[PDB]
4 protein chains.
Amino acid sequence: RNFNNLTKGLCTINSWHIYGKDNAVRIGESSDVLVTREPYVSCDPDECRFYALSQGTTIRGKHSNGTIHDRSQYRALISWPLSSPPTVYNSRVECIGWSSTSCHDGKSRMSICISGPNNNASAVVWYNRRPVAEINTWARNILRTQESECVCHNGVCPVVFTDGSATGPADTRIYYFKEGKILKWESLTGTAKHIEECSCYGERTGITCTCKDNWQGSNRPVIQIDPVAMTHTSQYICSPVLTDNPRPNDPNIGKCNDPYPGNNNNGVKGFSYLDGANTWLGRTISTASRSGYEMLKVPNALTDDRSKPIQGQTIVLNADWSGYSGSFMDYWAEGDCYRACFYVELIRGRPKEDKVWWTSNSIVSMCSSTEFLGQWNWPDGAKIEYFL
Amino acid sequence: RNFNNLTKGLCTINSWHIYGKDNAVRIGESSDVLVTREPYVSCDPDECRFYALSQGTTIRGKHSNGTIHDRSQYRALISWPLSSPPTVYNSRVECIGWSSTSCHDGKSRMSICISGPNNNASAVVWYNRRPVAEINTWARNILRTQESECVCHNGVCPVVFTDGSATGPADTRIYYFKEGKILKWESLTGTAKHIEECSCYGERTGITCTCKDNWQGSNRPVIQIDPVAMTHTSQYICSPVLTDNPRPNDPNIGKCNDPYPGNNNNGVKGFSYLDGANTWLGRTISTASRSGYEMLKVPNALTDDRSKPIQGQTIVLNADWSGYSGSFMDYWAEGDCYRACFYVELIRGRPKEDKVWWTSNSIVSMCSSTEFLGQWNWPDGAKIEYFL
Amino acid sequence: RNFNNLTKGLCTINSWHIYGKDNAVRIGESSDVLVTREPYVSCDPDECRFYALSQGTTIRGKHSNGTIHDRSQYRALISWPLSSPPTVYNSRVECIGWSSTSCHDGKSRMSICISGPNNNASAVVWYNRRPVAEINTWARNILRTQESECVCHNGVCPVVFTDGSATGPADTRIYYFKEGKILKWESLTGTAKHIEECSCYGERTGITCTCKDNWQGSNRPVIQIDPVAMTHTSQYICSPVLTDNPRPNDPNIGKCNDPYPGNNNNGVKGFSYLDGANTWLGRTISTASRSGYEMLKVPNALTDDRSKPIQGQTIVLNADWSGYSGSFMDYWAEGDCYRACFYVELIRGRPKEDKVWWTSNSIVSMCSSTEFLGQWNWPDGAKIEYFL
Amino acid sequence: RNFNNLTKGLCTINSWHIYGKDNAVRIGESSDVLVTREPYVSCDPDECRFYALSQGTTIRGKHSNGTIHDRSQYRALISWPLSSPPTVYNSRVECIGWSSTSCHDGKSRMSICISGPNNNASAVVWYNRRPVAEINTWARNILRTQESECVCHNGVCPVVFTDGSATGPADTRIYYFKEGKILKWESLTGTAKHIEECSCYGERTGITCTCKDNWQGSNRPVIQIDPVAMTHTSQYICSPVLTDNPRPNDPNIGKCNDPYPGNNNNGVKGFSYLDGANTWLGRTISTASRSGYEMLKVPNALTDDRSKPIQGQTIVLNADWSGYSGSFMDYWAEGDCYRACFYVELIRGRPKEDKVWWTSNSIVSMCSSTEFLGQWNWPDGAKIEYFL
Ligand SMILES: *[C@@H]1O[C@H](CO)[C@@H](O[C@@H]2O[C@H](CO)[C@@H](O[C@@H]3O[C@H](CO[C@H]4O[C@H](CO[C@H]5O[C@H](CO)[C@@H](O)[C@H](O)[C@@H]5O)[C@@H](O)[C@H](O[C@H]5O[C@H](CO)[C@@H](O)[C@H](O)[C@@H]5O)[C@@H]4O)[C@@H](O)[C@H](O[C@H]4O[C@H](CO)[C@@H](O)[C@H](O)[C@@H]4O[C@H]4O[C@H](CO)[C@@H](O)[C@H](O)[C@@H]4O[C@H]4O[C@H](CO)[C@@H](O)[C@H](O)[C@@H]4O)[C@@H]3O)[C@H](O)[C@H]2NC(C)=O)[C@H](O)[C@H]1NC(C)=O
Ligand SMILES: *[C@@H]1O[C@H](CO)[C@@H](O[C@@H]2O[C@H](CO)[C@@H](O[C@@H]3O[C@H](CO[C@H]4O[C@H](CO[C@H]5O[C@H](CO)[C@@H](O)[C@H](O)[C@@H]5O)[C@@H](O)[C@H](O[C@H]5O[C@H](CO)[C@@H](O)[C@H](O)[C@@H]5O)[C@@H]4O)[C@@H](O)[C@H](O[C@H]4O[C@H](CO)[C@@H](O)[C@H](O)[C@@H]4O[C@H]4O[C@H](CO)[C@@H](O)[C@H](O)[C@@H]4O[C@H]4O[C@H](CO)[C@@H](O)[C@H](O)[C@@H]4O)[C@@H]3O)[C@H](O)[C@H]2NC(C)=O)[C@H](O)[C@H]1NC(C)=O
Ligand SMILES: *[C@@H]1O[C@H](CO)[C@@H](O[C@@H]2O[C@H](CO)[C@@H](O[C@@H]3O[C@H](CO[C@H]4O[C@H](CO[C@H]5O[C@H](CO)[C@@H](O)[C@H](O)[C@@H]5O)[C@@H](O)[C@H](O[C@H]5O[C@H](CO)[C@@H](O)[C@H](O)[C@@H]5O)[C@@H]4O)[C@@H](O)[C@H](O[C@H]4O[C@H](CO)[C@@H](O)[C@H](O)[C@@H]4O[C@H]4O[C@H](CO)[C@@H](O)[C@H](O)[C@@H]4O[C@H]4O[C@H](CO)[C@@H](O)[C@H](O)[C@@H]4O)[C@@H]3O)[C@H](O)[C@H]2NC(C)=O)[C@H](O)[C@H]1NC(C)=O
Ligand SMILES: *[C@@H]1O[C@H](CO)[C@@H](O[C@@H]2O[C@H](CO)[C@@H](O[C@@H]3O[C@H](CO[C@H]4O[C@H](CO[C@H]5O[C@H](CO)[C@@H](O)[C@H](O)[C@@H]5O)[C@@H](O)[C@H](O[C@H]5O[C@H](CO)[C@@H](O)[C@H](O)[C@@H]5O)[C@@H]4O)[C@@H](O)[C@H](O[C@H]4O[C@H](CO)[C@@H](O)[C@H](O)[C@@H]4O[C@H]4O[C@H](CO)[C@@H](O)[C@H](O)[C@@H]4O[C@H]4O[C@H](CO)[C@@H](O)[C@H](O)[C@@H]4O)[C@@H]3O)[C@H](O)[C@H]2NC(C)=O)[C@H](O)[C@H]1NC(C)=O
Ligand SMILES: CCC(CC)O[C@@H]1C=C(C(=O)O)C[C@H](N)[C@H]1NC(C)=O
Ligand SMILES: CCC(CC)O[C@@H]1C=C(C(=O)O)C[C@H](N)[C@H]1NC(C)=O
Ligand SMILES: CCC(CC)O[C@@H]1C=C(C(=O)O)C[C@H](N)[C@H]1NC(C)=O
Ligand SMILES: [Ca+2]
Ligand SMILES: [Ca+2]
Ligand SMILES: [Ca+2]
Ligand SMILES: [Ca+2]
């Protein structure tokens, strides 16, 4: 086995096709399905799997009561076979904690889980299913990381962490790991003013992360990482097509180097693929809440502060609940290009549906096609009333 | 690993022996068994498995209500170990959608799932568990495919698709795939006037598909495919032993090149083995509904419009519900001939049993023997009243 | 991989140690455990597993009602990991039917399942998980076989079948298989007057089967098979220590060549290890019913019509239900001798416990030790009242 | 594969990080989780797993009633994937019995289970999943062993057994196994006056076991084993930081060669890492009951009868139930040192929580870090009232 290198460009994205869907909430109405949130997808050279943070209880279990709570001792990063639901009997625990990332380097997988109280959290870095390195909180305020997969190049896997306020300046660091060991870390540089929950992907040009500014911005900050030099830059998506949630309406001039104003102290994890004319942005349809999901083709969105959509695709109707979204790719697929993929977390229960006492989600996932495929919509599909 | 070639003829069929049975509805009365329909069987070089379209809920789950519905976003092609039932915990998702086919080429498996609304459906072709190619609807009217396994020769795997009306002329295409990539496609030629849900098998003479004419015919159309030249012909089974359902009574002269009349806009997926004097046809016992199942030895059924049975075997009593049936073979078995096999879908619930609000099925499967074996009958075996 | 040869003698048996126990009925009170009966144990070169005939329902499932019934279409031979219970989610179906045997030859496993109505039953012989050969009923009266493992030598695996009356002379055949193919079969010869449900083991001297005479005898018939010459002899255990159930009290002179009288048209599957001074017999403690189980060291029991016990070990107290028992050995274990093993089926439910409507069992299993180990007793352990 | 040799020293322990946690009781409120107690953790060269003694019933099962009982015929040593809970469907049975140990030698795993009545118990030694050797009770009074992993060096795996009184002098033996075979055994020598439930680990200096004196001592006895010479010594931890439970308050002078007095006929399994200035002791926080858990850095605790803590870490709050604790290490990890690990059994139910009729546990586990990591606390997390 050799370390994977990012030698390909993105495939041309002309539409999106269904990749995976687990229908976890539907099935968990009458099966031993774990309560989760913060899901993602990540590939090994021989298999792609769903990932999420378990809450250490099933949905029908009485301990599902109170699972809106983010950071208990009963959480763990689990993985399970593609499009199966996360069950007690098929879920593999990768590490223990309430914030995570994970990625395969071509030889083995690195998984990182953070646990602890708000003022004393720590990250444990696992490699090849063994703990290798640990990182203590540096700002004593909820050390946290991506909640989707990291990306590796020739054994080097960069990860973005934040420690500090969610409603003001915080201390963001980019760590560079190899075989679980810390090669280097850097403080955040560039014009991004607040960074959380980065969604990353890699291609020949380097590693691109689309993150969330929770403090002031409804445009998304972007971190661009060179995994060879182990250096990075940051800014915002220049486009006036704003992609955080909640957010103001789309203006005609975006902001490249500062938060676009209107909504403070809020946001959702999201993603984009930034690739010149081949650029596609994901966002919730609603500007007010986590409902609906759509992809928009916005040429040069990263660098053009006037850029508007020229094509799109609805993924989830506005009538249906969405949630977190993030990027991943099968870096070990055949062919001459990397096929862009993403998942959308479909949150059910609290706070929006409070007849039940739990919060969970299911997953839908798409990858790009060079065809111009017809579109459908992909709801969670569970009837909340069945759980009453 | 090498691509499989179809180098053998069919084994002489003198009777049928039990191959597999999952008793899924019996077991699912008190286990986490997924609601399914449209099942089949398909072999890898090292394992044979059951396949079906899940409905994304268990039978005892409240979401089983309404599963007579064919095309929801909650369906997926799943596979599971031979004769086990399709459970939440043992089912492997092959792809997402509501119409499918799947086959192994000797090196890896190709699976195809179609999803979307009626006017905007698309097929995604997976190879070696990765998406490779996509096909958009060409007639904007429920793009659909075999619902049983495809067959490969030297890496080339033909698949029959239909897009268009189920009650009039439609647009049928034969696609030729290799490693998931589209080599070629052709429009339907020959005398078959309507094609749906082809059941296929391969042998030295080529690939033979027995399909369903949903429009006018109660005889079954046949497509014969040369996977080397990538060409095909079509006609109907000439025999007056009619094998669709519902159907008229058997006449003494069948039809080779046109639908045999009596029943319009209806039918069921079925199969046959067409091999000269070694020819066997499957059919429901009832001419009116999907009940019972029998095999009939009808010499030269394909080409002889006077041909009648000279031997038979009851598989399911007329008193018991049947459903879809299709062909498969273990192409990787030892010996000098390919042993013909088939499955029968045993549908339970709606529309025939409407005290329950669900529709599901179990599977029974047989393969041929050169012995003249005693016959039994093989009902689903569940008591519907237990579910009330 | 090479075919296994029987090159070793039996280890000296000085006591019996616990080998496996699944507690299936206890666990199945609140888990998806399949209803079974007729269990056994059999080893592969890399794993040993529990086997049994499923009834195609769980114990808590409503379809458990009526499972005293022996021969439904819903039965299958399943295998599952040693000492785990037979669950819906961990059980592997070997073949479909209501009477079975199975054994590994060193390269692959042969499994045989019989199905059909009483007058038209057939055996299907599977090898390396594929059907290879089939055998039609020859007496049209419940074709049936061992219900425990067969034994192989240099690829040749003999199996004992019976077709015909259970209450009079029947037609017993010994079949000799290699890679699932029929090499040869012989009609029963020797002085055994009725043969059912043979329990077999192999060692350098050949293959020894201890069976059940259901017609007239309460001593057990024995078949001795030479797997090289493919020939056999038969007689009864000469010892007056009678080992069938029900049975008369032990006399002081046994019978070598005829049924010992007292109980007609009844019996239970059992076993023995016949090895000169190293001879041990298994039996129920009760002479009237299937309760208790004990092993008795009876020197030269096979050939000495005066032989009595000189040592023993209680396995199951008379107060607890037992049932079928049979032999197996790990032929792939390290060392210079084959360690004798056996299982006892612990039947719960009907007919003896009729407050419940089901019949099932759990398994306990022992192997021999060269130590003189202390003895315990090994009940099923379920409380029947919990199921009411 | 080669036998593992203990060639490394312990990593410097500056804090403890979360390693694993299964949340078994939470999940088992609504899943098929087996009732357990006496858990531990042990690594293979390619995987680390949780181990425990099942009670042969699930928690929600009616047979959970009475599981405070220690030694039934329904117990077995099971193992299951790291941080998953012990379920009916994912648990692998290693052997049958009510007291156990297990360890991998680099080539294969040895597991030992003891079963029987109090006066006639026996150990069966399994190697590479086969029974190899057996040991009969020598004192006829509950033959028993470690309840956590053993340790191997160049194929030699020492195990500590005790047979005899729990409230007076007993007969302790150290056995030395290789490939499951008994190389040698010795009677206990040294100044330890009573030995139970040893927790062991290995490093270049040899094998160190921290045990429980159930008779008179609230300091812990220590056995130090040379696996090459196959010899041992024993004493107590000299430190006045007392680590049994229940126990007196900490004095200023401990005892090196005799039980520290105050509490008779009681105790709990525990552990320590004894490594000069790198020494850490585990203990319950409460002196009266099995509640809370803490690690204390006590330099030269083994040899210094005045030694006090200079650093510590809370693992479980005093408000939460703890239980057994023991040592293990991943001997096959990369790097230049062995990373010290431990687990704590979190007992729920009887006797402390008698509203329920069962006794079970969950597991939390930590390994050492060279960082000074922030601390959290790790409760079982189940709400007992949910089970009423
Ligand atoms: C079968 O499936 C297929 C495949 O999916 C279906 O075909 C798809 O249909 C969908 C729906 O129509 C399309 O998505 C929309 O795409 C448009 C972009 O394409 C249009 O505009 C292009 C750009 O034109 C401009 O520039 C060009 C330069 O070339 C110039 O020529 C032109 O004059 C103009 O200046 C056109 O090029 C394009 O034409 C082409 O395509 C046509 C087919 O689409 C074809 O007919 C033409 O011949 C030509 O080939 C086309 O006109 C997106 O703009 C749109 O997204 C907006 O609207 C949706 C609602 O539908 C909304 O949710 C989006 O967020 C977005 O609108 C918001 O944001 C805007 C940007 O800021 C803003 O301006 C809006 O006011 C709006 O903002 C409000 O809402 C948001 C969200 O809540 C909020 O945040 C704001 O604050 C504010 O409140 C859709 O993505 C697919 O592209 C199309 N795919 C294909 C391959 O055709 C087909 O329909 C299915 N068949 C059936 C029968 O069902
Ligand atoms: C133990 O198990 C064994 C093995 O399973 C059992 O043995 C089996 O028994 C079954 C049941 O009898 C047999 O199945 C039937 O087979 C017959 C065909 O064989 C008969 O006819 C042959 C052809 O004869 C003609 O041509 C020959 C040329 O050689 C000529 O010689 C002859 O005069 C005549 O012209 C004969 O060769 C054959 O004889 C041989 O076999 C005999 C044993 O079977 C033996 O005794 C002889 O010595 C000789 O060796 C034999 O006579 C099928 O015709 C039949 O299928 C029809 O009937 C069933 C109902 O049973 C029906 O469901 C079928 O659909 C079909 O009938 C419908 O279709 C016909 C064709 O259009 C039509 O003509 C009918 O009117 C009818 O149509 C109506 O119903 C359908 C369906 O609902 C509907 O669609 C229509 O519209 C309409 O309403 C059976 O398949 C097995 O072959 C046999 N197997 C073996 C190896 O023997 C055994 O019984 C078991 N033992 C016990 C104790 O239980
Ligand atoms: C800790 O665990 C250990 C290890 O398990 C326990 O030790 C074990 O204890 C058990 C129970 O006692 C023993 O099992 C019994 O073994 C005897 C056989 O051994 C006795 O007899 C031997 C033969 O003696 C004869 O020949 C010799 C020739 O050498 C001659 O010297 C002698 O005079 C006589 O002629 C003796 O050699 C042997 O002595 C040796 O062992 C002694 C210890 O056992 C020791 O003290 C001596 O010093 C010496 O070393 C010993 O005396 C079996 O006969 C017996 O089985 C019968 O009884 C049980 C009931 O207990 C019954 O279920 C059996 O079926 C059987 O009895 C039925 O069948 C008979 C044969 O037909 C018949 O004669 C009976 O009337 C009876 O028939 C009735 O019931 C049956 C069944 O329902 C029915 O079918 C009939 O129709 C009828 O109704 C036991 O198997 C173990 O051998 C022993 N193991 C060891 C290693 O010691 C220990 O107890 C445990 N410790 C504690 C504290 O619990
Ligand atoms: C974020 O997380 C971090 C990392 O976890 C947190 O930092 C940790 O904080 C905890 C809690 O405070 C610390 O654990 C305690 O450690 C002390 C030992 O360290 C103290 O003492 C050291 C020794 O000093 C002595 O010798 C030195 C020689 O150098 C000499 O200089 C000195 O004068 C004195 O003679 C000091 O070196 C050490 O100072 C260092 O560290 C300080 C930070 O801790 C720092 O500020 C200093 O600058 C310096 O660097 C420090 O003073 C343990 O003693 C203590 O354990 C005792 O207390 C707990 C209760 O808290 C109890 O449960 C323990 O069992 C134990 O006390 C019992 O046993 C004693 C021994 O017999 C006995 O004397 C006691 O009376 C008591 O006995 C009673 O209870 C027991 C149990 O029920 C019963 O059995 C008895 O019978 C009786 O009833 C703690 O383990 C960590 O070390 C510390 N870690 C780090 C890296 O700093 C941080 O707090 C978190 N942040 C936030 C905001 O939450
Ligand atoms: C703690 C900062 C951050 C922003 C408020 O919280 C998050 C928001 C989330 C959300 O907006 O859905 C859920 C997260 N799991 C969470 N992260 C952690 C570590 O708790
Ligand atoms: C849509 C045409 C066709 C004929 C009416 O429908 C089918 C009939 C079926 C049936 O007759 O049982 C069930 C099928 N799953 C279905 N195919 C799809 C794609 O919905
Ligand atoms: C039998 C002596 C010993 C000390 C009283 O008992 C133990 C105490 C235990 C306890 O204190 O929790 C539980 C154990 N599983 C047990 N060991 C056996 C073999 O029963
Ligand atoms: Ca924001
Ligand atoms: Ca038709
Ligand atoms: Ca008898
Ligand atoms: Ca003590």
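Sequence lines set the chain letters: A, B, ... in the order given, protein chains first and strands last, and positions in each chain run from 1. Atoms within a ligand are numbered from 1 in the order they appear, just like the ligands themselves.
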- Message: Can you tell me what they call the drug at ligand 5?
- Response: oseltamivir carboxylate
- Query: Per the PDB entry, what macromolecule holds oseltamivir carboxylate (ligand 5) with the most contacts in this model?
  - Reply: Neuraminidase
- With a 4.0 Å cut-off on heavy-atom distances, which other chains neighbour oseltamivir carboxylate (ligand 5)? A
- Query: If you draw a 4.0 Å sphere around every atom of oseltamivir carboxylate (ligand 5), which residues of other chains have a heavy atom inside it?
  - Reply: A:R37, A:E38, A:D70, A:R71, A:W98, A:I142, A:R144, A:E196, A:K212, A:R290, A:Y324
- Task: Within a distance under 4.0 Å of any heavy atom of A:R37, pick out the atoms of oseltamivir carboxylate (ligand 5) and give their elements.
- Result: 10 (C), 12 (O), 13 (C)
- Give yes if a backbone or side-chain nitrogen or oxygen of A:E147 is under 3.5 Å from a nitrogen or oxygen of oseltamivir carboxylate (ligand 5), and no if not. no
- Item | Protein non-hydrogen atom below 4.0 angstrom of atom 15 (N) of oseltamivir carboxylate (ligand 5) present | yes
- Query: Any idea which atoms of oseltamivir carboxylate (ligand 5) are less than 4.0 Å away from a heavy-atom of A:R144?
  - Reply: 2 (C)
Tabulate distances under 3.5 Å between N/O atoms of oseltamivir carboxylate (ligand 5) and N/O atoms of the protein, writing both atom names on each line.
unit_1                             : atom_1 : unit_2 : atom_2 : d
oseltamivir carboxylate (ligand 5) : 11 (O) : A:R290 : NH2    : 2.6
oseltamivir carboxylate (ligand 5) : 12 (O) : A:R37  : NH1    : 2.8
oseltamivir carboxylate (ligand 5) : 12 (O) : A:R37  : NH2    : 3.2
oseltamivir carboxylate (ligand 5) : 12 (O) : A:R290 : NH1    : 2.7
oseltamivir carboxylate (ligand 5) : 12 (O) : A:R290 : NH2    : 3.4
oseltamivir carboxylate (ligand 5) : 15 (N) : A:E38  : OE2    : 2.8
oseltamivir carboxylate (ligand 5) : 15 (N) : A:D70  : OD1    : 3.2
oseltamivir carboxylate (ligand 5) : 20 (O) : A:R71  : NH1    : 2.8

